[PDB]
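Structure (with nirmatrelvir (bound form)).
Protein chains get the first letters and strands the later ones, always in sequence-line order, with residue 1 at the start of each. All ligand and atom numbering here is 1-based and tracks the order in the structure. When reading the values below, keep in mind they use all heavy atoms of this one structure, side chains included, and skip hydrogens, waters and symmetry mates.
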Amino acid sequence: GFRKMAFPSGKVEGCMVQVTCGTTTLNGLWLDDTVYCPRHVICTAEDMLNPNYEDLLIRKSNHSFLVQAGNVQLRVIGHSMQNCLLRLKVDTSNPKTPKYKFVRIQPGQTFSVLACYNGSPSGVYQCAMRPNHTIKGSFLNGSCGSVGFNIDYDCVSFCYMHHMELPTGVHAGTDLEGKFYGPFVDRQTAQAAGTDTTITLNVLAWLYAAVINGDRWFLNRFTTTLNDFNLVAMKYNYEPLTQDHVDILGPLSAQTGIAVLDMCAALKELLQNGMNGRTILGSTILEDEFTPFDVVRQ
Amino acid sequence: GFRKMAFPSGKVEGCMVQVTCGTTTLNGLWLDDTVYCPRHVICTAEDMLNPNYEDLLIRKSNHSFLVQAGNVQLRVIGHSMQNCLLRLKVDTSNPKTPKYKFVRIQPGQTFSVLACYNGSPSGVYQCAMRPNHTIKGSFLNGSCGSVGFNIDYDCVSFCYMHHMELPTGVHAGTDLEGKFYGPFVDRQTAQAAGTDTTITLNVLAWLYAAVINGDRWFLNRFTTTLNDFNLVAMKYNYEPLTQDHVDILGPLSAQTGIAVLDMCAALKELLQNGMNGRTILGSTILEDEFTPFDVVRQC
Ligand SMILES: CC(C)(C)[C@H](NC(=O)C(F)(F)F)C(=O)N1C[C@H]2[C@@H]([C@H]1C(=O)N[C@H](C=N)C[C@@H]1CCNC1=O)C2(C)C
Ligand SMILES: CC(C)(C)[C@H](NC(=O)C(F)(F)F)C(=O)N1C[C@H]2[C@@H]([C@H]1C(=O)N[C@H](C=N)C[C@@H]1CCNC1=O)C2(C)C
């Protein structure tokens, strides 16, 4: 009784459309009278080596954008570029527009992804912004324009739009202002991320999830200092723990009766001695894509 | 890049309502002018061992059922009992009703669950119907009436309505005709899941996914017949493979060039010799809720 859960996607499904330029098709996000989509929709195998997007956009008209909201075609009455997105103005305002915000998420935070193909939603899953600013998604051909989001009350916080897959199989994209997460550019050329690390704050939160759910085999009577634990974190490619992070784990610490630095001693033991064929919440690996907030909500 | 993915939940979100009888509230599924919900909504510590549902139902008027679709109350116009569900006729037909059907999901097949509380959807996740007819869900108090479903093209196939949690932490419920999956009853009494077994068709799909992903340390050159693999599998509480299962794995065997029965011989050795601390797709435990359809669609 503890698993990856995505937000219900209906508020986002009502905003998904299909945007086509010539032979290139991807998904767009339709909010009020604006459609947001990745700008490389205007590209045709000049995806490579030299996308000069200013040169390629000046040569386009409104008429060269075919935007389809289901059966209906919306007419583009304007267009501008913002960073790596296009903002297409259309004559119709989406009646299904939810209360929404655009936010830029921090590494370690999680969001739900609505994977779309030809404007049509096909799956929903949870994932996280990695410390190296990639995401470990599931995106196939035609998935560009799919969005990541969180929902607070009735408000959809859009945080990700999908652009590309790196050769390691992880993914890269932008916020809804079109600025990439990480060092990447929307050009079909080989690009690497920085070396990733494990999200220590999330592993600790998931260890609290396990205690809350009856898995306590890994606890122990020892404890450790912050710097003592951080020395072990660095050896195993975990990111350092901050007093602010300890402060974030306060509510989970209270509800379980295990001080943060005690859980760190437990984690230190799991890194050093392995898990010895046992499981935690049904997993044989230390899970790092649940935030403290995700654990409390579940 | 393989991961569990749920169907987009919007088509079901627009059908979720709250149903309240006195002190007990749970979720209902509003399609056209019918609201479907577990019948134990009419109970009040009559839940204990022996609710007499026909007795409790005859003693209830339409006005005792408080049905709320978000902001607005819906008026219950009639009601009947179908197996372990109530069917509430309301005066309003749901304008958001999608194309739908009611299906009986089979052991081994997967579906998405929209977990709801007080008629408000809170999360979506994917589930397998286990061979012992339970599901390994994530349901808290108030989750009853949450539904599981698949979506084909534009049509929602409803297959599950949540009723209860068994002592091992797994969950039981019914199809949308109110017939329970498994030998369970909606009575708060001593009940236990049967012995689970492992969904072998899905473990084999997972090994194929691992081969597609470049991991093939577990392959060997032994051969096995279907019958000799099934005899070993049952010794380890694995489901035996059927004729149809071998056919279902055709696409993945063709894609990888590994004959179905050769992957069976790979699995047979894993069952008999363990993993010896090696990992498959990052895990020392064989996943059995990822279907051959999920592997095929995610490649
Ligand atoms: C994977 C590929 C080698 C093709 C390339 N990657 C690199 O060039 C890199 F090495 F720089 F990453 C790449 O993704 N693109 C090439 C080109 C865009 C993009 C693209 O096709 N986006 C798809 C949108 N529908 C979603 C992708 C497709 C497959 N799975 C996804 O997620 C732009 C960078 C303009
Ligand atoms: C777990 C409990 C000991 C309470 C009991 N279980 C057994 O009696 C068993 F052990 F027999 F299964 C049980 O579930 N119920 C008691 C009673 C219904 C049901 C119930 O409360 N359903 C909840 C619906 N809102 C969802 C559950 C709650 C907690 N987590 C869930 O999923 C009925 C069988 C009429």
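In this structure, the ligands or chains belonging to nirmatrelvir (bound form) are ligands 1 and 2.
Here the macromolecule bound to nirmatrelvir (bound form, ligand 2) with the most contacts is known in UniProt as 3C-like proteinase nsp5. Using a 4.0 Å cut-off on heavy atoms, the other chains next to nirmatrelvir (bound form, ligand 2) are B. In this structure, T189(B) is part of the shell of residues with a heavy atom less than 4.0 angstrom from nirmatrelvir (bound form, ligand 2). The closest non-hydrogen atom to atom 32 (O) of nirmatrelvir (bound form, ligand 2), taken over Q188(B), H162(B), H163(B), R39(B), comes from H162(B). Taking any N or O of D186(B), backbone or side chain, none lies under 3.5 Å from an N or O belonging to nirmatrelvir (bound form, ligand 2).
Nirmatrelvir (bound form, ligand 2) has no nitrogen or oxygen under 3.5 angstrom from a nitrogen or oxygen of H40(B). The organism reported in the entry as the source of chain B is Severe acute respiratory syndrome-related coronavirus. Taking distance alone, with nitrogen or oxygen atoms compared against 3.5 Å, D47(B) stays at or beyond that limit from nirmatrelvir (bound form, ligand 2). For nirmatrelvir (bound form, ligand 2), the UniProt domain of chain B with the most contacting residues is Peptidase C30. UniProt active site of chain B, nearest residue to nirmatrelvir (bound form, ligand 2) and heavy-atom distance to 1 Å: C144(B), 2 Å. For nirmatrelvir (bound form, ligand 2), the polar-atom distance check against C144(B) finds a nitrogen or oxygen pair separated by under 3.5 Å. In this structure, residues within 4.0 Å of nirmatrelvir (bound form, ligand 2) (heavy atoms) are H40(B), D47(B), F139(B), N141(B), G142(B), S143(B), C144(B), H162(B), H163(B), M164(B), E165(B), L166(B), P167(B), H171(B), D186(B), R187(B), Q188(B), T189(B), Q191(B).
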